[PDB]
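Chain A is numbered as in the PDB entry; shown residues: 6-124, 138-321, in order. Header entry for method reads X-ray crystallography, 1.8 Å. Because only heavy atoms are used, hydrogens play no part in the values below, and waters and symmetry mates are left out as well, while side chains stay in. We count ligands from 1, going down the list as the structure has it; atoms in each ligand are counted the same way.
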Amino acid sequence: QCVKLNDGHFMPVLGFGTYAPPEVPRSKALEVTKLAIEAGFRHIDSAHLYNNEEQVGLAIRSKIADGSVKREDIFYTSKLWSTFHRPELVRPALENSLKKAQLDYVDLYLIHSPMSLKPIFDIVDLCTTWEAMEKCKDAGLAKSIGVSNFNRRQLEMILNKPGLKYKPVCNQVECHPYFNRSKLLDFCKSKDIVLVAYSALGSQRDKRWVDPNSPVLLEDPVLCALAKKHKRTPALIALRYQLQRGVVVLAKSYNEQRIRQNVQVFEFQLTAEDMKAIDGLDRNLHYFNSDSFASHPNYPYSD
Ligand SMILES: NC(=O)c1ccc[n+]([C@@H]2O[C@H](COP(=O)([O-])OP(=O)(O)OC[C@H]3O[C@@H](n4cnc5c(N)ncnc54)[C@H](OP(=O)(O)O)[C@@H]3O)[C@@H](O)[C@H]2O)c1
Ligand SMILES: CC(C)Cc1ccc([C@@H](C)C(=O)O)cc1
């Protein structure tokens, strides 16, 4: 099903994550996005950074052309990369993503991160970036607009902006049982802003940003025990946990079996005791933990 966003548009609560590192041929994103839509995904998360918008857009267009879905049935997200925060660059970056995907509009456009980069760090007033985002929704380039990787204080900066026209509909952030974002999630709920979780399956553990020593979420003993109790899988437990918290959850998979397994999240439910057990795993662990983020003046986890 879908959640109703604070601008009246609807967002499907399970989304397909499309990122794969450069060693995976670009052609795979086309193939797996098609398999995701076939499996029943209707929300597809991409970004300029991911270098796959051509393939992902072609996958969406391919499934429209063969009669499987209509454009209105698909919720596509792209994101404004941090070198394009200066307000005059926002609409051209979005138009560029739309040209790559060959789509007339995105369902959702996010500021990918609060950490501005030289168009080397940059200093930009993100309220002016936001005004530029509001103009893209007014022009019909984006049905909805939101943010990503914002903390509470950064989110309040927007919410408190003089003459705000549109609240962010969502804040897409790292969120899983080792870093469950409870207090942020409560704040977002108090504002009717949806929290969308990425790395909900514990991340792709990419050596560029993730310490290989970090705990492997899907081997967690509590998640494994819950998967045995429910005769599901640790991944399904981890996705279902998000849905029952009122969090919209992404799941990346480039594997045909796991793509189809992931939509099973709608087929069972966790009890209050199960949810408390998963809540007990929280350990302030963000898998993305790299000098290249942590030294930035607007790093969100500076807390
Ligand atoms: N906003 C941001 O800054 C940001 C940052 C990170 C990610 N994201 C978005 O969120 C998406 C998902 O996050 P993520 O890329 O960190 O990955 P994820 O959803 O945490 O998945 C991690 C790994 O889980 C594996 N997996 C998937 N389904 C499984 C299953 N049923 N059983 C066992 N393993 C399973 C996948 O491997 P296989 O491919 O081998 O199945 C995947 O590499 C990204 O693709 C991107 O769209 C956004
Ligand atoms: C505070 C930082 C850690 C947030 C952040 C995480 C991942 C990304 C890119 C690499 C992505 O994969 O979408 C961008 C920003």
**Message:** Just wondering - which macromolecule does ligand 2 hug the most here, in the naming of the PDB entry?
**Reply:** Aldo-keto reductase family 1 member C3
**Request:** Return the drug name for ligand 2.
**Result:** (R)-ibuprofen
**Contacts of (R)-ibuprofen (ligand 2) at 4.0 Å, non-hydrogen** = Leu54, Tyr55, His117, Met120, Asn167, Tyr216, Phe306, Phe311, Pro318, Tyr319
**Prompt:** Below 3.5 angstrom, do we get any N/O pair linking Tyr317 and (R)-ibuprofen (ligand 2)?
**Reply:** no
**Item:** Heavy atom of the protein closest to atom 6 (C) of (R)-ibuprofen (ligand 2) (residue, atom name, distance)
**Value:** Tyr216 OH, 3.5 Å
**Prompt:** Among all protein non-hydrogen atoms, which one is nearest to atom 10 (C) of (R)-ibuprofen (ligand 2), and what is the separation to 0.1 Å?
**Reply:** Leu54 CD2, 3.9 Å
**Request:** Report any other ligands and ions found less than 4.0 Å from (R)-ibuprofen (ligand 2), or state none.
**Result:** ligand 1 (NADP nicotinamide-adenine-dinucleotide phosphate)
**Asked** Nearest to atom 8 (C) of (R)-ibuprofen (ligand 2), what protein heavy atom do you find, and at what distance?
**Response** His117 NE2, 4.2 Å
**Asked** How does (R)-ibuprofen (ligand 2) relate to the UniProt NADP(+) site of chain A: which of those residues have a heavy atom under 4.0 Å from it?
**Response** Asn167, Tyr216
**Prompt:** For atom 15 (C) of (R)-ibuprofen (ligand 2), what is the nearest protein heavy atom, given as residue, atom name and distance?
**Reply:** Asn167 ND2, 3.7 Å
**Message:** Mind figuring out which UniProt-annotated active-site residue of chain A lies closest to (R)-ibuprofen (ligand 2)? I'd like the heavy-atom distance, to 1 Å.
**Reply:** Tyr55, 3 Å
**Asked** Would you say (R)-ibuprofen (ligand 2) has an N or O under 3.5 Å from any N or O of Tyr55?
**Response** yes
**Prompt:** Taking the residues UniProt annotates as binding substrate in chain A, which ones lie under 4.0 Å from (R)-ibuprofen (ligand 2), judged by heavy atoms?
**Reply:** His117
**Atom indices of (R)-ibuprofen (ligand 2), in the order listed, that fall short of 4.0 Å to a heavy atom of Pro318** = 1 (C)
**Prompt:** Considering only protein heavy atoms, which is closest to atom 3 (C) of (R)-ibuprofen (ligand 2), and at what distance to one decimal place?
**Reply:** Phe306 CB, 3.5 Å
**Prompt:** Identify the closest protein heavy atom to atom 2 (C) of (R)-ibuprofen (ligand 2): which residue and atom is it, and at what distance?
**Reply:** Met120 CE, 3.7 Å
If you look at each N/O of (R)-ibuprofen (ligand 2), which protein N/O atoms lie under 3.5 Å away, and at what distance?
from                     : atom 1 : to     : atom 2 : distance (Å)
(R)-ibuprofen (ligand 2) : 13 (O) : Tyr55  : OH     : 2.7
(R)-ibuprofen (ligand 2) : 13 (O) : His117 : NE2    : 2.8

